[PDB]
Structures are given as structure tokens and as C-alpha cells.
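For reference, chains are lettered A, B, ... following the sequence lines as listed. We're sticking with the PDB entry numbering for chain A, so the shown stretch reads 203-476, in order. Sequence positions for chain B are given in the PDB entry numbering; the residues included correspond to 207-240, 244-265, 275-461, 466-473, in order. Values below: every heavy atom of this structure, side chains too, minus hydrogens, waters and symmetry copies. Indexing begins at 1, ligand by ligand and atom by atom, following the structure's order.
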Amino acid sequence: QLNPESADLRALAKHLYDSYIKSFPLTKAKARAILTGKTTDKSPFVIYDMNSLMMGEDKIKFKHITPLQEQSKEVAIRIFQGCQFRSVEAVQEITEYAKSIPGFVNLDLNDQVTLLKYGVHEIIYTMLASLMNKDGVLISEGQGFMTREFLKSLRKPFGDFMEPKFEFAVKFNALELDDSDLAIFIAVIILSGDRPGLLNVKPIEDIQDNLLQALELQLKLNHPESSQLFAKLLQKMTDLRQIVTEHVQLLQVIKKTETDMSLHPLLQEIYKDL
Amino acid sequence: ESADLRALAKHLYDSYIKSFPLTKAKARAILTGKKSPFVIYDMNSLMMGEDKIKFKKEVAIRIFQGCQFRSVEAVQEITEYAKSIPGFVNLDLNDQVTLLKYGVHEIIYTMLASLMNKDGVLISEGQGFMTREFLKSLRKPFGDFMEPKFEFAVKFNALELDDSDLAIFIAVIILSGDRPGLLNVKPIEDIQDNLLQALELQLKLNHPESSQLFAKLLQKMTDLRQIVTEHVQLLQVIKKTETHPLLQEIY
Ligand SMILES: COc1ccc2c(c1)c(CC(=O)O)c(C)n2C(=O)c1ccc(Cl)cc1
Ligand SMILES: COc1ccc2c(c1)c(CC(=O)O)c(C)n2C(=O)c1ccc(Cl)cc1
Ligand SMILES: */C(=C(\CCC)[N+](=O)[O-])c1ccc(-c2cccc(C(=O)O)c2)o1
């Protein structure tokens, strides 16, 4: 028996899911379909070693997930550049989703920037989980699949970047959330009134309160038998924070060890004084 | 069902009152001024407060030290409270130890907030009040080993939780199924699930006004863990300070 209040919350949930589908080309629904089973070109090419990687570049439409060179001795840096490029693209998608969140574009512009600066990576890790399973991660719009073991065997620094994400993913995936759930959750993440440097926290907390309300209802309707999923999901927010912290440290190592590499401008600004 | 929830809530509250001498209610009365505590706002006041209060060279160090003594006491109070939580004592013994080992820091800061305001913190059963600025004026990195707690506290206290709310929240923190090294995660999550349901009802019945307070409180978990990790890093760096054997053992 939908009430007048719960009615508006359902409308918000629908709106967000709609914008999510429109803003993110590769949904968890598609990722799962690729990862589990089918025959259509949905089957990804699997990269689990140097030779398969070499053939991957030939098979997979890596149209652009590689800078201007390839014979860069180590594949470690080629993967680095590719992952970097995808993140920038993800920031772009998340930024577009954000503008669809009711009230977000009406907030002070400096705060819009602050909210995006701190929320984008937490969102990136949340959604990256949709593309992972305990054995690897979908890449190049789902065309390829790079194994966890392969990524772990990379040169000293690089071989330590992905594991923490996989550990978070296997755990987060156990909540069995679908795209309709995630659309609201990522909205909640963005409208965080506790981000450093925010000018007007009040209007932001008001928007988040309504999102939380929407998320609460969504999880109870969509996952009836999942006791306290709402609270379990909210607690996952601490895991995302840690991933970021740790990630930043690994980045500082790369910056010093690899003088010939550099973070993309967008990413640099995001991490500056974080 | 909702019957067991309020019963659980009452039980936890009663137990919390028995285990924790200085309650938030108590502390607030003393803080807002409603037998004024001795105030330590500088060196001489501290030195005076010592021969007056009798708490139980290098001030910055003696202070940080005092923090430790109280922390150790707090762990015992927390441990006793833990045993009153339904299901806790029935858990694998090693798991009980793991949950306490990783949960006392989070609980310590959570309760520390009850005794703080943006200007200072109550010490020794509330007999004293040490200034935020005095603490913030200590040499070395000591002049900021408490500041992060004050910052958390100011933010945490905005939620206006009371002892009955905190009792259930603390129990939730203790029953965290994600602590490393746990042997049987299931019972732990099942108890926490129960505690979470009790905390939600408690917040809905105790604060009809505050929308999504449950969600907001759970979100503060992020701030506690971040403050704890940061507290650990500070403790290490401190080592670079070269200024008992049984003492070190106790702490
Ligand atoms: C979304 O999760 C990740 C994981 C790793 C990342 C990034 C993002 C970004 C982009 C960003 O952080 O904005 C960079 C630059 N990463 C690397 O350093 C890296 C190094 C070696 C390998 Cl094999 C793979 C990736
Ligand atoms: C929850 O576990 C703790 C840990 C540390 C604590 C307190 C409580 C309290 C609250 C209380 O003791 O009632 C205070 C004031 N703490 C201090 O930081 C401190 C610092 C220097 C000295 Cl000399 C004495 C105490
Ligand atoms: C890093 C993340 C980025 C998520 C937005 N990810 O798991 O996709 C990452 C790991 C692996 C790659 C990657 C993508 C595309 C191509 C390659 C390659 O080595 O050719 C690697 O990005």
C-alpha cells in the first residue's frame, strides 16, 4: 500500500535509475551477463599473461586504452595508462549522473566541485565491483577480461594496485545489489555533507536525507528477505574510504619511481590536497 | 517482535549504566554547568591540579601518558559491558578477544565525545577539565594527538544522542563481523543484525524529529575508523621521541 510519502520516494528511485542507465554504458546487469554465460559476442577475450595480452591488443577493440606507444618494455605501464584513461572517462560519466541528482546543480558551484572531487573515486570503486568476480575484471567495455593473478604478478609497485579492490569487490558483491539499488547508493555517496571544505552543508544534508530515505525503501522493497541490508550497505562506505587512502599512497610511490609517467590532469586535480 | 527489541534496548542501557561510571548525562550537566571541576588551561593550573586531584618532567609526555592509563581503564569497562551483550559470551573465545581488541579504540573515541565539547574535555571522573587549547599547545606532535578527537566529537555530538542511544551503538561497534582473524563470522553478524534493529527502533522512538538519524550515525563509523588508523600512525611516529619496564608491559 504505497503512501503519499513513499510514493515520492519511489518516483525518486525511478528517476535515478533512469539517469543511471542513461549515464553508465556498462551496467552491472550487462557485466553479469558477460561474466556468467551466453554465446553472443558477450564472451570476453581473457588476458592472463604476456602472450594473451599481446593477442588481446590484436583481438580486443582497445581502439583507445593505450597512449601512443606499446613497446614500452613493461606491460605494467601500458595497463597503467589504460586504467588511467578509463578512470577519466568514469569521472566524466559520474559527473553527468551527478547533474541528474535533484538539487545537485542548484547548490553553490564550489560545493558541486568539492562533492565531485571527493565522491568520484568512492563511486569508481563501488561500480568497479560490478565488473569483478573473485578471478578477474572486465575491461574495454566488457570485451576483455584481465585475471586477478596476472595483475598481481606485475612489477613491484604495479602488482599491488588491484588486489585491494578485488578484496572489496568480492565482499561488496556478496550484498547482491542490482543497478536500481546502486543508482541510489552512488547518489548518497555524492551528496555527503561531511566532505572537506564545503561551504553550505545544510542544503546538501537535506538532499542526502531524502536520498537515504529513498535508498532505505528501495532496499526493503527490492530485497525483502535481506535483513538490515541498508545498514550493511552504509557500513561499506568505510571500506571505500580506505581503498582511496591506500590508493593515494601507491600513487605517491609511482610518481617517485617512474619519472617518465604522470597522472592525467583531471586525476591530478582530483587528488590535489585531498 | 518489536517487544524483544525494546527489551534488548533496556537491558543494554541498564548494563551500560552499571559498567560506565561517568555517563553522557552526567558529563553534560558538568559541562554546561547545571561542584565545578578543576580547570587546567595552562602549565601552573596543571601542576596545581595534580596536587589537588591526585590523578593516580616534560609535561607533553606526562599528559600523553595519562591518556594511556585512562585508556587501559576504559578497556576494562568496555570488556565488562561486552559480556552483557546477548550472545557475546557464547562466541568462540578467540573471536571474543578479536572483537574487543579491534573495537576498544572505536568505542573509546565514541565515549570520549560524551565528555567533550568544542572547548575541552572532562578528566578523572569529571573532577577536572582540560582545555582544548592547552592540549593543542603541547610541543612535538603532542600538540595535536587530541585535536582529531575534538574534531570528531564536535561532529559526533551534533547528533545529540543520549546514553540509551549510545549503549546500543557501542554494542553494534563491538559486534563487527569484519574484524581480521575472526573464526566464526556468522553468529557475530546475526547478533549485530539484532542490535542494529534495536538501534533503529530506539532512534525512531527516541528522536521522532531527527530524520534518518540511524543512517547518519552509521555513517560516523567512517570517521571513527579513519581517526583510529590516524591515531595508530601517530603512536608510531612518537617512538622517535627518546623520553618503567613493568609499566611498558602494562601499556
Ligand atoms: C579504479 O581503480 C583503480 C585502480 C588502479 C589505478 C586507478 C584506478 C588509476 C586511475 C585513478 O586512480 O584515478 C590508476 C592510475 N591506477 C594505477 O595506478 C594502476 C597501476 C597498475 C595497474 Cl596493473 C593498474 C592500475
Ligand atoms: C574512553 O577512554 C578514554 C581514553 C582517554 C581519555 C578518556 C577516556 C577521558 C575521559 C575520562 O577519563 O573520564 C579523558 C579525559 N582522556 C584523555 O584523553 C586524558 C588525557 C590526559 C590525561 Cl592526564 C588524562 C586523560
Ligand atoms: C584499472 C580499473 C579502472 C576502473 C575504472 N579497472 O579494473 O578497469 C584497470 C585494470 C585493468 C585495466 C585495463 C583496462 C583496459 C586495458 C588494459 C590493458 O592492459 O590493455 C588494462 O584498467
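Drug identified at ligand 1: indometacin. The chain with the most heavy-atom contacts to indometacin (ligand 1) in this structure is named in the PDB entry as Peroxisome proliferator-activated receptor gamma. With heavy atoms closer than 4.0 Å, the chains neighbouring indometacin (ligand 1) read A.
Ranking the protein heavy atoms by distance from atom 13 (O) of indometacin (ligand 1) puts A/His323 NE2, 2.9 Å first. If you check each of A/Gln286, A/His449, A/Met348, A/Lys354 against atom 6 (C) of indometacin (ligand 1), the one with the closest non-hydrogen atom is A/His449. Every atom of indometacin (ligand 1) is numbered from 1 in the order shown, and the set under 4.0 Å from a heavy atom of A/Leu353 is 23 (Cl).
Of all UniProt domains in chain A, the one holding most residues touching indometacin (ligand 1) is NR LBD. Among all protein heavy atoms, the one lying closest to atom 2 (O) of indometacin (ligand 1) is A/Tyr327 CE2, 3.1 Å. When hydrogens are left out, the protein atom nearest atom 24 (C) of indometacin (ligand 1) is A/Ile281 CG2, 4.0 Å; that is the closest non-hydrogen contact.
Counting the atoms of indometacin (ligand 1) from 1 in the order shown, those under 4.0 Å from a heavy atom of A/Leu356 are 23 (Cl).
Nearest non-hydrogen protein atom to atom 15 (C) of indometacin (ligand 1) is A/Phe282 CE1, 3.5 Å. Listed by atom number, the atoms of indometacin (ligand 1) under 4.0 Å from A/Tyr473 heavy atoms are 11 (C), 12 (O), 13 (O).
Distances below 4.0 Å separate heavy atoms of A/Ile326 from the following atoms of indometacin (ligand 1): 1 (C).
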